[PDB]
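The first residue of the sequence shown is numbered 1, and numbering continues consecutively from there. Numbering of ligands and ligand atoms starts at 1, following listing order.
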Amino acid sequence: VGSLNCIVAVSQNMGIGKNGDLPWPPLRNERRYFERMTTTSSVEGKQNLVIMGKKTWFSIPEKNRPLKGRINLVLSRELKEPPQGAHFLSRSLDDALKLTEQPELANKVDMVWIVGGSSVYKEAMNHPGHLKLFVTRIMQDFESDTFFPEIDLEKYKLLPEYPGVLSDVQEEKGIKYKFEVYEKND
Ligand SMILES: CN(Cc1cnc2nc(N)nc(N)c2n1)c1ccc(C(=O)N[C@@H](CCC(=O)O)C(=O)O)cc1
């Protein structure tokens with residue numbers, strides 16, 4: 001099992017969800033970025049594991065579930081069984097990581113990508129070790145009811161002009177955004 005990563009899109013007001021869905025309208029090129037980052041494995045022959053809460057799962061259009069070319073895992077304590085389309089359910093990130101050390105997954109998984117929401121990001125950020133955050137900064141305020149944790153700049157480093165990520169400001173649907181990458185290692 002390779003690196004642990006978070007990927008998130010966050011508004012100026014730290015918003016990441018409203019009613020369990022994106023606070024902003026769909027951003028097609030941003031979503032394509034998401035697909036590329038989460039799908040590309042760093043080890044030939046292996047797939048990445050995408051971990052998400054139940055609301056994130058439901059927010060994905062059903063025609064695109066499970067996310068193709070990635071192993072999908074849902075984190076929930078409320079769900080009794082993996083939701084329709086998913087084959088893995090865990091109670092917590094540590095439980096999910098334990099699962100990747102098991103036969104079914106042990107030699108299938110490369111990167112782990114946490115893809116939302118709030119509490120699973122918090123879990124990942126509280127986990128010791130090397131962690132990269134791929135953050136899309138949505139450059140406007142949007143009404144939100146869930147939020148991304150603050151990034152501890154005493155611990156994380158911003159990585160300017162990160163390779164393979166566009167450094168210039170992007171725009172879709174009149175909404176500007178930019179890609180930033182941070183990392184910690186402890
Ligand atoms: C609402 N939601 C969660 C979502 C959306 N954008 C994000 N963007 C970033 N940067 N990070 C996230 N965690 C993120 N999460 C969605 C919605 C749709 C798809 C989706 O259909 N993705 C497909 C299709 C991608 C595409 O058509 O471009 C894929 O293959 O990843 C993913 C996540």
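- The drug that appears at ligand 1 goes by the name methotrexate.
- The chain sharing the greatest contact count with methotrexate (ligand 1) is, according to UniProt, Dihydrofolate reductase.
- Residue contact annotation: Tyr121 has a non-hydrogen atom under 4.0 Å from methotrexate (ligand 1).
- For methotrexate (ligand 1), the UniProt domain of chain A with the most contacting residues is dhfr.
- Of the N or O atoms in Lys68, none lie within a sub-3.5 Å distance of an N or O in methotrexate (ligand 1).
- Of all the listed residues (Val115, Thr136, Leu67, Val8), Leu67 holds the heavy atom that lies closest to atom 23 (C) of methotrexate (ligand 1).
- Selection from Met52, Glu30, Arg65, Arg70 by nearest heavy atom to atom 30 (O) of methotrexate (ligand 1) gives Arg70.
- Counting heavy atoms only, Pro61 comes closest to atom 17 (C) of methotrexate (ligand 1) of the residues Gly17, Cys6, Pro61, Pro26.
- As stated in the entry, the source of chain A is Homo sapiens.
- Closest heavy-atom approach to atom 5 (C) of methotrexate (ligand 1) within the set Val50, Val10, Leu22, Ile7: this belongs to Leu22.
- Site of methotrexate (ligand 1) with heavy atoms closer than 4.0 Å: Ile7, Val8, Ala9, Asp21, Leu22, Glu30, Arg31, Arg32, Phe34, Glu35, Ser59, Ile60, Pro61, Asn64, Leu67, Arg70, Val115, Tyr121, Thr136.
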